[PDB]
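Below is C-phycocyanin beta chain with tetracaine bound.
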Amino acid sequence: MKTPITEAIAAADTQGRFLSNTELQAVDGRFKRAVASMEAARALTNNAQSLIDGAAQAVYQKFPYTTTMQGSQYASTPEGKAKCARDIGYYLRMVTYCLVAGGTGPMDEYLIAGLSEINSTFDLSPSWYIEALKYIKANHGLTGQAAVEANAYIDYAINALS
Amino acid sequence: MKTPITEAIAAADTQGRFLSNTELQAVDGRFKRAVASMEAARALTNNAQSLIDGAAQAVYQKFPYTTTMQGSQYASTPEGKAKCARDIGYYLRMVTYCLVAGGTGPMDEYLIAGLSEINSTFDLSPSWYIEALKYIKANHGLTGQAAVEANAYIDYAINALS
Amino acid sequence: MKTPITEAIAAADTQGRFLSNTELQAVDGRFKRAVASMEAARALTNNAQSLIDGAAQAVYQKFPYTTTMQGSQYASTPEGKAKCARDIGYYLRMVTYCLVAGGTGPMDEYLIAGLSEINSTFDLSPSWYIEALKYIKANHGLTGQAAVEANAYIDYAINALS
Amino acid sequence: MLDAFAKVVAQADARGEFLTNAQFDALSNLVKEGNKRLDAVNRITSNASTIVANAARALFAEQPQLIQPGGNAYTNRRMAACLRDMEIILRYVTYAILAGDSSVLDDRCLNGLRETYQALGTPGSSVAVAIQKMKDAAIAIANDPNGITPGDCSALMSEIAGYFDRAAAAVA
Amino acid sequence: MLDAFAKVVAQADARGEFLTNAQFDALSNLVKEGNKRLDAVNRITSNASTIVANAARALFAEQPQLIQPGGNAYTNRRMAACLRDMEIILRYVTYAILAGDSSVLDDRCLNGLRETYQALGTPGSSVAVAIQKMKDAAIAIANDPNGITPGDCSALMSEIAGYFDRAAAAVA
Amino acid sequence: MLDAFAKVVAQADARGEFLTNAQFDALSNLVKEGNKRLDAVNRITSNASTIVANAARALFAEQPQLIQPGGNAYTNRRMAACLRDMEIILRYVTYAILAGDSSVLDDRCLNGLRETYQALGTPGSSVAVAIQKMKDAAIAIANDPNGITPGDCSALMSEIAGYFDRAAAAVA
Ligand SMILES: *[C@@H](C)[C@H]1/C(=C/c2[nH]c(/C=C3N=C(/C=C4\NC(=O)C(CC)=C4C)C(C)=C\3CCC(=O)O)c(CCC(=O)O)c2C)NC(=O)[C@@H]1C
Ligand SMILES: *[C@@H](C)[C@H]1/C(=C/c2[nH]c(/C=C3N=C(/C=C4\NC(=O)C(CC)=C4C)C(C)=C\3CCC(=O)O)c(CCC(=O)O)c2C)NC(=O)[C@@H]1C
Ligand SMILES: *[C@@H](C)[C@H]1/C(=C/c2[nH]c(/C=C3N=C(/C=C4\NC(=O)C(CC)=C4C)C(C)=C\3CCC(=O)O)c(CCC(=O)O)c2C)NC(=O)[C@@H]1C
Ligand SMILES: *[C@H](C)[C@H]1/C(=C/c2[nH]c(/C=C3N=C(/C=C4\NC(=O)C(CC)=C4C)C(C)=C\3CCC(=O)O)c(CCC(=O)O)c2C)NC(=O)[C@@H]1C
Ligand SMILES: *[C@H](C)[C@H]1/C(=C/c2[nH]c(/C=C3N=C(/C=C4\NC(=O)C(CC)=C4C)C(C)=C\3CCC(=O)O)c(CCC(=O)O)c2C)NC(=O)[C@@H]1C
Ligand SMILES: *[C@H](C)[C@H]1/C(=C/c2[nH]c(/C=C3N=C(/C=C4\NC(=O)C(CC)=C4C)C(C)=C\3CCC(=O)O)c(CCC(=O)O)c2C)NC(=O)[C@@H]1C
Ligand SMILES: *[C@H](C)[C@H]1/C(=C/c2[nH]c(/C=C3N=C(/C=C4\NC(=O)C(CC)=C4C)C(C)=C\3CCC(=O)O)c(CCC(=O)O)c2C)NC(=O)[C@@H]1C
Ligand SMILES: *[C@H](C)[C@H]1/C(=C/c2[nH]c(/C=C3N=C(/C=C4\NC(=O)C(CC)=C4C)C(C)=C\3CCC(=O)O)c(CCC(=O)O)c2C)NC(=O)[C@@H]1C
Ligand SMILES: *[C@H](C)[C@H]1/C(=C/c2[nH]c(/C=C3N=C(/C=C4\NC(=O)C(CC)=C4C)C(C)=C\3CCC(=O)O)c(CCC(=O)O)c2C)NC(=O)[C@@H]1C
Ligand SMILES: CCCCNc1ccc(C(=O)OCCN(C)C)cc1
Ligand SMILES: CCCCNc1ccc(C(=O)OCCN(C)C)cc1
Ligand SMILES: CCCCNc1ccc(C(=O)OCCN(C)C)cc1
């Protein structure tokens, strides 16, 4: 997985050499920024159920056909509502992992790789997940650097869906 | 082995894709032509012993030294006569296989690959086999498309010996 | 290992072919020169202990700090004197092997590959071994072609240390 | 690869024999029925995306462990690889149907596949089930009586089932 | 490779779980102590050549069979390969210390290494001893109380010893 | 590869020893007899095509199963591969004779060859017989008393037989 720390190590390994002073200061910078990032991840984690619940309802309100139109890809059944809440929770979980890891790597590996193919094969509209992500941004209540970082990962997910 | 059908499949596989309509019509054409080809192969098969016998005698008449000159490469002994009849039967068998498979592939793989090296190492004259092949062409009694196809494979063998 | 004989064989193998007349005459030349070379190697072998002993003392006289300065890399202790005599014997042994094999190959493989790294890591001065090699050249007592060949290998070792 | 014609030729050559009447008759019957083979390949190929996606949905409904976190089809990269494998296997099966011989499927798809899955920790038995679900759907599509000249394709459908079953057996 | 943060994320994802308070607390403590980790990597890296060369001298004093003619470190090519391997292993250990996770060392250094030595006839147990001698020297250097703000780095030194011991155990 | 000189050097180095008088004497005797070695290599090389072709004819007369349809030397591609292998092995044997050491034959020809044939289904025991037939013919040619200064080459012929037998034993 790519993180600021694994990137420093990979650079040294590529050149067959021990780590440089610049590489160590890069990791020091990561350590100093990690404090605020992990606090953001814990705040999102503590509020995850409310954010997931609210985001799902926001999608259903924006796109009412998703709760009536027939088909297993829609949320017209309890099983479909459960799939949708599950997926929204996955996206929020990935945001928290990016905050912990210091970059997009977790979302890249566990969600974005293959995303277009999954949404196509299973007939899932990217617009649904974009609306869920906008709701999360509007309601997570983060401020300062925590908001910059969380919204960076949310906007990155929106870009991947766009 | 290359046949008109395996060539269509190989083209699709090379591009990682399912078969195209043009590829299916190519196989339809093969299926429609296969009728006359297989009839030619059965006629040759039914007459194989007479054709082999006559072809061997045609070689011995054209090249009388092959039945008197001393050496295991010649047909001066019963063992050499048997080797020669065997080889002529191989060539006829290959012609029938080409007719069945719809192309030169069987002859390419089982006879032509390594042919020059075998004839050189074992001191077998290509001219002997060319004469046998000319006799077969003159006496198989095929007509129409059957003759075009059989003689195509015979002439292909002659070219490989030339 | 590269020798005049393995080089001839390698050339033939590279071209997938049997050995040529020129390659056989190259080996004949090697066989004819091998007589004098092996005699040189036996003379050095028979005199090895005196040459090693004298060479070590020559190094200690040229570089007196090697018998007093503190450190395991020096010959200030009995253990260090023994390491030094051992190493000098290695160099002489390699000279005899080159004479037997007809080229630098044994010295290349067993001594020169990695030499710079070993002398650096273990803090061994190349100048020490150059002086030992000069003593051996001055005292082996070889003449004629034997001296040309032995001194070629000694000078080759000096170059590797330079 | 071999097609059905090259396969008989290869069997005959290893025995040093001209084709027997039975071999000639078998190949002539294949050609006589070739239009049905072409319809089957055409119909399966034209519906390939649906066959894969429906079979995948059915697999995961039956084996939800595959899509629970930690399961072998969890994460979009693993799900996409799984969907890709289903499409690959269907593709080589359609080639085998066109050829009338399984060699292309054996040589270019199935050989080594069990060992590949074993090393990944992919459950080969679940891949076998996915193949079986594609089989049933592919046969229903190939054997649909609507929009085609009526006739009996049961022998061909048994052959088709055989190729799918051969794929399933090679990974189970 | 994983660092300590990515490792916790990977463990959480396989369970489909947000991080627990214990995981958050563990990572926060790692960061709180990060200056000590940086000093350890800096100190070991700056003395890497000495750590290798001294450890090699100590190995051969203890195991003279390695440097007798015919021994696995006899000839300058074999000695140089041996010194190189020691430096390689130390290098990957320093990467593991920086990352707070052994994956880089496992994946890019240790995996397959026992089998490599087995095929060469290199005594893996002697490589393990060389690693242990580098361990002791690296910890004494990383944990030197002079020229650094006084504080307790015993937890970090135990972690460092763990990576060296993991390397030794993978070749012994 | 090693020649006879490099082989003695390698044996001596692994023991950390100068050559013994026996080693010096053995190599001096090899050189004293070197003209005979050169004649043997020259004579076998100049007749290589005949040695291969005659040995092949003799093999197939003795083992007609190899050239019955389905046999491992049936088809011109398999026959040509078989003739090629015979020529390859003879070629590496002539290199071993020139070198006075089998290493080139072991390293560049025989190593892995049994396993290659096992995977192909080629009968290694038949390859061994082919090698033996080349051996007998090669020795008769190398040891022909006509057109050469008379002398005793029996020791060399035993060495030559040894290389052929080593090749046969490595595939049987
Ligand atoms: C079993 C699969 C079903 C079935 C098939 C069936 N088809 C025919 C006849 C034809 N099928 C084709 C199709 C093609 N010819 C080509 O060259 C290509 C590739 C471009 C294709 C796809 C054609 C041309 C015919 C002949 C004309 C016609 O439409 O009949 C039959 C009739 C007998 C025969 O073999 O020809 C049958 C039975 N019919 C069913 O009921 C099965 C569900
Ligand atoms: C155990 C290893 C020993 C120990 C370490 C220790 N260090 C500090 C404080 C600091 N260490 C650094 C080092 C770096 N910061 C960087 O960005 C880089 C890369 C360029 C390095 C090498 C710094 C900047 C500090 C803070 C300033 C300072 O010097 O104190 C402590 C104090 C507590 C803390 O974690 O900050 C300690 C305990 N001290 C020992 O006694 C051990 C032998
Ligand atoms: C056993 C193999 C038979 C045998 C050999 C034999 N040869 C000689 C002498 C010579 N052989 C050569 C051949 C070469 N010298 C080269 O440089 C090359 C490569 C181009 C070759 C092929 C030569 C030059 C000689 C010396 C001159 C001569 O013809 O005598 C002997 C004599 C003793 C010796 O070793 O020199 C012998 C015995 N003789 C037999 O009867 C065996 C059948
Ligand atoms: C909610 C916004 C809308 C909704 C959701 C819905 N999703 C599915 C099925 C799937 N969702 C995924 C998503 C992921 N799987 C992963 O591993 C990851 C990364 C960790 C993600 C983002 C996948 C792969 C599927 C298909 C496989 C599965 O079922 O798990 C469905 C069911 C689809 C079906 O046809 O059965 C639904 C309903 N649909 C709506 O209408 C909501 C607005
Ligand atoms: C007949 C026209 C003349 C004749 C024939 C003859 N052939 C051989 C020996 C061989 N013939 C082949 C040919 C093939 N083997 C294959 O696998 C194939 C493809 C399927 C072919 C075409 C080969 C390989 C050999 C050598 C090995 C073997 O014996 O099977 C001989 C005997 C040669 C010998 O020296 O023993 C003969 C006599 N010779 C004539 O004079 C006829 C006019
Ligand atoms: C003598 C001229 C001076 C001297 C020698 C000395 N050498 C060492 C240690 C080593 N010497 C070698 C040399 C070789 N090893 C090989 O395999 C080969 C090729 C066959 C060679 C040339 C090596 C590898 C070492 C290090 C490993 C070992 O101890 O064997 C020492 C001891 C170094 C130490 O720190 O322990 C000494 C003293 N030193 C002098 O002052 C003499 C003038
Ligand atoms: C889906 C039903 C199941 C599933 C599948 C799955 N497969 C992989 C990875 C690979 N699949 C293959 C198969 C092929 N590659 C080819 O080129 C061909 C034709 C010759 C085949 C048949 C290979 C080679 C791999 C590994 C390399 C790659 O990924 O491209 C995965 C990924 C596993 C991982 O951990 O990365 C998965 C998930 N998983 C299930 O749960 C279903 C039962
Ligand atoms: C030194 C303590 C011991 C010793 C070591 C020794 N190693 C080799 C050869 C190899 N070592 C490796 C190890 C690696 N190569 C890499 O790239 C990495 C990082 C992934 C590692 C860990 C490899 C691959 C080899 C073989 C290829 C090569 O030499 O580069 C030797 C040489 C053995 C020989 O006979 O040539 C030696 C001597 N030997 C001892 O006696 C010490 C116990
Ligand atoms: C002849 C006496 C027997 C025989 C031989 C036969 N061999 C093959 C195929 C191969 N032979 C080799 C051997 C080598 N290749 C090299 O480069 C070297 C030097 C390092 C050697 C010794 C190899 C590698 C192969 C496989 C690859 C290739 O064909 O080039 C065949 C072909 C088998 C097939 O089915 O294709 C045959 C027939 N067969 C007999 O019956 C004789 C006993
Ligand atoms: C990782 C593999 C776990 C897949 N989970 C399941 C496996 C098997 C079953 C199951 O009950 O299957 C029985 C019938 N045949 C078709 C398999 C149900 C779930
Ligand atoms: C080729 C390997 C031979 C190395 N020689 C020796 C091996 C072991 C010992 C030895 O006594 O070691 C015991 C203690 N632990 C650390 C190993 C001493 C010498
Ligand atoms: C595929 C291998 C079949 C080869 N056929 C034969 C094998 C062996 C024999 C045979 O009788 O050999 C006994 C003597 N030694 C030299 C083998 C005769 C024929």
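In what follows, chains are A, B, ... by sequence order, proteins preceding strands, each numbered from 1. Read the numbers this way: they start at 1 and go in the same order the structure lists the ligands and their atoms. Side-chain atoms are counted along with the backbone in the values below, which use heavy atoms only and exclude waters and symmetry mates.
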| request: Give every ligand number or chain letter for tetracaine. | output: ligands 10, 11 and 12
| message | Any idea which other chains come under 4.0 Å from tetracaine (ligand 10), counting heavy atoms? | response | D
| query | Would atom 19 (C) of tetracaine (ligand 10) count as contacted, meaning some protein heavy atom under 4.0 Å? | reply | yes
| message | Suppose we measure from atom 17 (C) of tetracaine (ligand 10) to each protein heavy atom; which comes out shortest, and what is that distance? | response | D:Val129 CG2, 4.3 Å
| Residue D:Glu62 vicinity, atoms of tetracaine (ligand 10) by number, heavy atom under 4.0 Å | 16 (C), 18 (C), 19 (C)
| task | If you have a sec, work out which protein heavy atom is nearest atom 4 (C) of tetracaine (ligand 10) and how many Å separate them, to one decimal? | result | D:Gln63 OE1, 3.2 Å
| task | Report the part of D:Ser126 (side chain from C-beta onward, or backbone N, CA, C, O) that has a heavy atom under 4.0 Å from tetracaine (ligand 10); answer both or neither where that applies. | result | side chain
| query | D:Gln65 heavy atoms, cut-off 4.0 Å: which tetracaine (ligand 10) atoms fall inside? | reply | 4 (C), 5 (N), 6 (C), 19 (C)
| field | 4.0 Å protein heavy-atom contact status of atom 2 (C) of tetracaine (ligand 10), strictly under | value | yes
| With a non-hydrogen cut-off of 4.0 Å, what is the binding site of tetracaine (ligand 10)? | D:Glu62, D:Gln63, D:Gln65, D:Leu66, D:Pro123, D:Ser126
